[PDB]
4 protein chains.
Amino acid sequence: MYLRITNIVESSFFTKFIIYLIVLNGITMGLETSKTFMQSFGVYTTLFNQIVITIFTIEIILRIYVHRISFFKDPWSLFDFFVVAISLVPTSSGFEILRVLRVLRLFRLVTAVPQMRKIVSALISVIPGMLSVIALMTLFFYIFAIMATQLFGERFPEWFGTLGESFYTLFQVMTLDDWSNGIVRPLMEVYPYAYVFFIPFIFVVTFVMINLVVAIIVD
Amino acid sequence: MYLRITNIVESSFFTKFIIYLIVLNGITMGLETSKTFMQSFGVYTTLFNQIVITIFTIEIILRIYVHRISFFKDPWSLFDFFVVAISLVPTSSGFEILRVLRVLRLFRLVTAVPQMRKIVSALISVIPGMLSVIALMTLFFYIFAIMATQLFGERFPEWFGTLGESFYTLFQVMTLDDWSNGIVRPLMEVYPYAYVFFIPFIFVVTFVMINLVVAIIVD
Amino acid sequence: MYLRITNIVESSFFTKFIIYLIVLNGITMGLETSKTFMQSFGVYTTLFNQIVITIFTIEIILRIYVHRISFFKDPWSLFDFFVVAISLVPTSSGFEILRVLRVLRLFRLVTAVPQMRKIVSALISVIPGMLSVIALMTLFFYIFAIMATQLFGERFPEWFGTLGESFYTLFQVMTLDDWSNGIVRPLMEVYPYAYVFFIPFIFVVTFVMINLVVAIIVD
Amino acid sequence: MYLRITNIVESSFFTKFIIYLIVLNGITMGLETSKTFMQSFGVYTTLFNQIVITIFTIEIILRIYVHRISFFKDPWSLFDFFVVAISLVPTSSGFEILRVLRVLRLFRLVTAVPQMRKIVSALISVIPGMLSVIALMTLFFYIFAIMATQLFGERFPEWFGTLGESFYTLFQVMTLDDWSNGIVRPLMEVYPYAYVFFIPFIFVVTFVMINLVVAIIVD
Ligand SMILES: COCCOC(=O)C1=C(C)NC(C)=C(C(=O)OC(C)C)[C@H]1c1cccc([N+](=O)[O-])c1
Ligand SMILES: [Ca+2]
Ligand SMILES: [Ca+2]
């Protein structure tokens, strides 16, 4: 029984089938975007969705019987679990958002194709080295976001009225997004010396990123 | 017949004649852009076109006889075939997009010069190693265009009205084009939490891009 | 039992005491941004800031006693003195900019945690190898800013009327921020050839920046 | 007189002296940017400019005698020659673009200082390596520019009415500057399929750009 189940879930037919179902669901979720299609052929999909969600639900249960505690030492499987989880909460209730969170289950195609799994892992493996530059930068943002609120948040509350608001504008500036005509020239019309805050800020923020890239390559 | 024609195609005069013609057709094509020129000389160059494409048609036929089945195993020759045949489609009124695709024949400069082919081939060469990331990106992109159409498409039809639209808008944001004042600040006036979609989205698309380039460097 | 004090300053508890203070003071200045907070607890929060500022002043005196002249060849300590000093001038009749400057002491978190210290040390270390190119470029901007003031400052004073203005603007075009529809297309309405100035400038400035990054990594 | 003169121009006193004239003129030329200064100090420095041009002219004449055939095979001196020639153009002639071009002479500071020379020399050495790509890139822009004018020029003449405009605009899209909301989206109000030109256009130009840099690094 234990061996009989185990032999099913690991077969090359179970995985091709589920993957096939993933590929199919993802095609329907695209289709669900057309309100035309919804009108003429969407009660079909509402049930198709619940059919696919169960087969996947079974898959998760089976894999937990087979792998037992080692299922939950698999970051990919926890992900699989958690992704199917949020897809279990009802259409109604909570908030409209959980309904939209359901689309995250297409990320199972990543979980289930070894080629996707390898790219993702390789990418993740870049992260641990960065946790030093990241923390410093987050602090850097925090201090400046504070200076930006007090300086500019009274006359420019949309941009700087709040720490959070100061954080959003500074990120925007960081991505260098319409930073001059859109933010600093207006600021400079009240506060002519605002360029002393943002030009240095940009240097730092551009230096750190470049140097972040050097160290990635070398490491 | 065989050896006489075969002797003309491989000649240094042949390829030189063709190449020189490409440069001429290219100077000439810049001229068909000014309708000042077109009212005073257009008949001269509309047929200069016509005789160039005749020569190219002939040359293509000859190279096929000389190279037989090995012609269509040659990517550059394959290219010339398609790049010439297109320019053979009638200017006649039924479908006038094809008229503009004719300028692509200037890409034969690439085909016929060995220093450029090196570059192109070199460029394409980095692609097969990237295909996995292309897929991953597109799967990421696809999930998010879905999320965007259902989240923002109601109140902001232009930007998220349609899966295709959200794809478009999302492409812009990765490129970092007028993304904040131009898209999410408006989004945030109706939906204050849009930054929880687009700010992670920005970290991700950027993370992958950088790592892709590093992947390019190392590979 | 001569120095007596020296044994306390060098201890694990002293340092951990300052870091715990900064992070509290760092958390405090955040909450000082909430306008609601400054009503409910504004008086409470002023007492905490003043204690810490005293403690820190004490902490600086002790470190001077111990290190003597070796304190003032430590950039990190030099930074600590002037940053603590800043937060101490009277709010009275001065410049009210100094009230905002006192957030700079949150950069002491960097100064007192060697990991951050090493990051800041690593970053600075890319600067001396770069100083040459910084000098060429600064020389490049300075020369073109002059050119831009003379060429476009009559009819476009907001952007180029003054040398600093030509600098700020020129810097913006360099960051490529909103430069065609935002700067050059306007200019070009009065002065049709302005692309011969700005387009080359962009090539140059981007080429250098790109080769600068390249030259650092390879070497 | 020649051999006697040659002993003069190679001395360390000489180089630093002409360098000192550059830096002084470089300072004064900054000053010529101010309306105020020019009002109450203009003739002192209008005079001082003519002196320097003469000295540089004499300096150029001397070095010719010293170097003979070699002078006109020195890249740094050819620059030196012509940028002095510009300043030798008379204060008039109806093309005051040249009056502005005077400040091109401050670049002699680059030719006269070997570390500057070294950076410039280092930078240029990158270029012959890229001549294949620039030709390729310029060929690519040339082709798509043609397509633009015939595709979008009649309804959008400012942006695409003509080759240069298409060139300009295309150059603009390649710096990714306001490309979407500013150019492609408007186009789409009238030409719904414009994303098929510009999005491929962007991918390719980045690809070539990115890959170019990677080639430089490894080599
Ligand atoms: C004619 O009188 C004004 C001259 O002032 C300047 O040349 C500046 C120098 C000296 N230092 C910098 C760093 C500046 C500068 O412009 O730097 C930018 C690159 C950040 C400018 C400046 C000085 C005051 C105000 C502005 N402004 O509002 O554009 C610009
Ligand atoms: Ca912009
Ligand atoms: Ca932009």
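Chains are named by letter, beginning with A, in the same order as the sequence lines. What you see of chain A is 1001-1219, where the numbers are those given in the PDB entry. Using the PDB entry numbers, chain B covers 1001-1219, in order. Residue numbering for chain C follows the PDB entry, covering 1001-1219 in order. Per the PDB entry, chain D residues shown: 1001-1219, in order. Whatever order the structure lists ligands and atoms in, that order sets their numbers, starting from 1. The way this entry was determined, per its header, is X-ray crystallography, 3.2 Å. Only this structure's heavy atoms are used, side chains among them; waters, hydrogens and symmetry mates stay out.
The PDB lists the drug found at ligand 1 under the name nimodipine.
Here, the chain sharing the greatest number of close atom pairs with nimodipine (ligand 1) is referred to in the PDB entry as Ion transport protein. With a cut-off of 4.0 Å on heavy atoms, the other chains touching nimodipine (ligand 1) are A, C. For nimodipine (ligand 1), the residues with any heavy atom closer than 4.0 Å are A/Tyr1195, A/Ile1199, C/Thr1162, C/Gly1164, C/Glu1165, C/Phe1167, C/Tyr1168.
The source organism recorded in the entry for chain C is Arcobacter butzleri (strain RM4018).
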